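Below you'll find the structure, written out as structure tokens, and then a few comments.
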Amino acid sequence: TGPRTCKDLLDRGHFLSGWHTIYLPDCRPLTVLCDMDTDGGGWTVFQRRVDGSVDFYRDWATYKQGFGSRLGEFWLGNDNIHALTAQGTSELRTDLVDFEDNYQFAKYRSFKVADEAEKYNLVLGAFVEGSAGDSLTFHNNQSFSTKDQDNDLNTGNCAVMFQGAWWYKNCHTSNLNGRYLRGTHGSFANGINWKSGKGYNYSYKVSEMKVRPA
Amino acid sequence: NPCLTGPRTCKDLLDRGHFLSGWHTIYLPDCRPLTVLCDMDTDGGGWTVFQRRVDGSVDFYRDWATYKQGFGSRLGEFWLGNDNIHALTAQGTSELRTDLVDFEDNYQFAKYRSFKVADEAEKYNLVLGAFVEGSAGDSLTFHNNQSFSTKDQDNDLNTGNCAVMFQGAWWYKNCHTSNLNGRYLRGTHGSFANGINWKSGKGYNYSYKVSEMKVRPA
Amino acid sequence: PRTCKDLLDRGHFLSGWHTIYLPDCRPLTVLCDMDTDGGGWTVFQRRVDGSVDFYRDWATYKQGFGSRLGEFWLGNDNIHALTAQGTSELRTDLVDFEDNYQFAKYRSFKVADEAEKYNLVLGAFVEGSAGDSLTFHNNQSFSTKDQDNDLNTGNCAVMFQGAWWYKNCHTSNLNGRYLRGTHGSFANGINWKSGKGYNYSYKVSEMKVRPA
Ligand SMILES: *[C@@H]1O[C@H](CO)[C@@H](O[C@@H]2O[C@H](CO)[C@@H](O)[C@H](O)[C@H]2NC(C)=O)[C@H](O)[C@H]1NC(C)=O
Ligand SMILES: CC(=O)N[C@@H](CS)C(=O)O
Ligand SMILES: CC(=O)N[C@@H](CS)C(=O)O
Ligand SMILES: CC(=O)N[C@@H](CS)C(=O)O
Ligand SMILES: CC(=O)N[C@@H](CS)C(=O)O
Ligand SMILES: CC(=O)N[C@@H](CS)C(=O)O
Ligand SMILES: CC(=O)N[C@@H](CS)C(=O)O
Ligand SMILES: [Ca+2]
Ligand SMILES: [Ca+2]
Ligand SMILES: [Ca+2]
């Protein structure tokens with residue numbers, strides 16, 4: 001048939017990382033970023049923060065379809081992300097870089113997101129390994145919330161209090177779609193924050209969330 | 001049959017459900033395929049970007065032939081080329097937006113009702129519609145209905161050579177008030193108006209960090 | 001389209017990833033430098049920011065590694081395939097941390113297949129402000145940390161943290177560590193000895209081929 005993941009492509013001898021066009025179960029094309037280097041390679045990347053050039057404080061319609069630049073930061077979009085994580089079993093990996101260049105990460109057994117009707121519900125496996133600690137199981141079975149759509153289990157607005165979008169609760173222990181605040185920041189838990197990573201007051205330089213059939 | 005069944009613009013591609021910026025190949029009026037950068041993010045999406053400065057890696061002080069055909073890198077800085085820019089904006093009405101960024105991460109912009117450049121025979125004459133809006137202020141209306149000039153081909157209205165004088169390439173009049181193809185001078189410079197300058201923006205003595213020029217069907 | 005020069009001829013004036021066809025007609029996406037010295041160069045190595053680790057083994061250099069988005073080594077099999085039929089000039093481009101440019105050029109450039117240990121076959125130096133720091137390495141095997149093929153009793157890949165056609169050991173070390181300017185450490189950076197010497201590591205390095 002044809003390539004359906006970055007796993008396929010790597011196996012087919014595409015060894016350099018970059019944008020490749022894979023085929024959704026639905027088929028229908030869809031060009032994605034492939035990380036062929038990290039942890040044996042073949043990861044499809046749906047989120048990337050690198051320099052704070054793209055504004056992530058976006059609404060529902062935008063997160064649905066995705067936004068950003070293949071040239072920089074981006075969200076692959078929730079419909080795509082669902083299509084992508086729906087049919088085998090993908091394992092999520094997160095990669096975080098502080099402004100020292102100390103890498104830290106988190107690996108998870110499985111990773112699925114429900115369709116838009118299910119509100120892009122997070123179905124997270126269990127923390128495997130990762131020097132950044134588990135700052136995401138906390139958000140299991142919890143709908144995705146955006147500025148123009150409050151779904152969080154909180155009386156106020158998590159998306160707005162911490163200026164981001166996430167599967168918020170009351171509210172978060174992770175906030176990778178938050179403000180790009182450049183290292184330690186006075187403001188509270190509103191940067192690119194990994195609770196168990198560098199706490200609620202440090203915003204990483206680099207954030208990447210990627211998948212790969214386990 | 002791909003000339004017939006492909007997209008004509010970055011707008012078409014947005015319509016067909018490409019929401020990420022990047023290089024897509026579109027088909028020009030003469031059926032010729034061309035790979036352009038689509039900015040799908042800014043002010044609505046569907047812009048075809050034709051110039052981009054960002055880090056000063058590419059040298060923009062080039063002769064006529066090179067501006068004609070295009071030069072640079074999809075990976076970074078670039079000019080799409082005068083023939084292409086003309087073919088883009090010939091049959092139809094396209095609006096132009098200018099995006100700018102300084103070294104303290106201020107974003108500004110300027111937008112224009114229409115934007116057309118003639119063919120080479122007409123020396124890529126600029127035909128600029130009215131200023132719509134922008135925090136950058138207007139620094140392009142001044143250059144309306146002027147020829148494009150390079151160092152090795154002078155078509156301005158200055159007794160001298162603007163392109164040489166201000167080390168760029170533009171629809172120079174006498175001489176300029178914007179100079180987005182000037183030297184990558186990195187913030188405030190001591191040299192006069194030879195940077196990537198937008199006069200109503202940060203004047204003749206500050207060169208921006210980023211510049212982008214893009215078109216969308218009006 | 002069989003090379004980047006073909007593509008330039010067909011009106012592709014911007015540098016970027018295009019897919020060409022290997023002489024056996026296998027497709028391969030390569031970086032085409034359409035700007036330098038007349039354009040048409042297929043790029044097979046690139047350092048620029050120090051984000052990729054170049055201190056790799058034989059398998060990894062054989063197949064290629066890195067990102068289209070940044071730094072990479074096209075892979076030895078591909079570099080062989082590319083320089084297999086005909087004659088290809090080599091250009092080495094170097095940029096320092098004051099943005100000064102230096103280059104080197106060579107009449108011809110060929111690397112043998114894996115059997116002959118990706119042996120280096122180089123033509124005459126023609127010119128370049130970096131000076132000739134590659135001829136010294138002509139007719140040598142490629143070495144990595146795990147497969148030592150040099151003419152030194154020790155391991156050169158390990159001694160100078162890179163991968164090259166090491167003799168005893170090197171006068172160029174472009175796959176060395178990204179050390180960022182002048183370094184006290186001896187000869188283990190992105191080093192071109194006739195250029196900035198054994199103690200300066202360049203900001204940018206590119207190695208490219210084009211039909212002669
Ligand atoms: C664009 O500029 C040209 C000159 O390059 C203008 O030409 C002049 O136009 C006026 C009419 O208002 C004539 O009286 C002059 O004699 C013309 N000079 C030349 C050299 O032809 C032209 O008018 C401008 N066009 C527009 C649309 O403003
Ligand atoms: C905004 C951005 O990240 N773009 C750069 C990243 S290297 C580019 O590829 O030109
Ligand atoms: C951020 C980046 O890479 N630039 C985009 C704007 S979203 C572009 O104009 O192509
Ligand atoms: C022909 C042209 O414009 N290119 C020149 C600089 S003017 C060059 O890079 O050698
Ligand atoms: C990215 C590349 O290979 N070349 C660029 C700058 S070196 C260019 O064509 O201007
Ligand atoms: C190329 C290289 O060194 N690879 C190592 C890990 S980086 C290996 O697992 O064999
Ligand atoms: C966009 C960019 O320059 N980053 C490269 C670094 S080698 C990458 O994504 O791998
Ligand atoms: Ca609420
Ligand atoms: Ca003049
Ligand atoms: Ca040895």
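Every chain is numbered from 1, with letters handed out A, B, ... down the list of sequences. Structure method, as recorded: X-ray crystallography, 2.8 Å. In listed order, ligands and their atoms are each counted from 1. Reckoned from all heavy atoms, side chains included, excluding hydrogens, waters and symmetry mates.
Comparing 3-deazauridine, R-ethopropazine, MK-6240, SU6668, N-acetylcysteine, the one located at ligand 5 is N-acetylcysteine. Most heavy-atom contacts to N-acetylcysteine (ligand 5) in this structure come from the chain listed in the PDB entry as ficolin-2. Under a 4.0 Å heavy-atom cut-off, the other chains found next to N-acetylcysteine (ligand 5) are B, C. Residues of other chains with a heavy atom under 4.0 Å from N-acetylcysteine (ligand 5): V58(B), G72(B), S73(B), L75(B), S15(C), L31(C), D33(C), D35(C), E206(C).
At the heavy-atom level, UniProt-annotated Ca(2+) binders of chain C within 4.0 Å of N-acetylcysteine (ligand 5) are absent. With respect to covalent bonding, the partner of N-acetylcysteine (ligand 5) is none, since no such bond is modeled. The source organism field of the entry for chain C says Homo sapiens.
Note: chain C touches N-acetylcysteine (ligand 5) mostly through UniProt domain Fibrinogen C-terminal.
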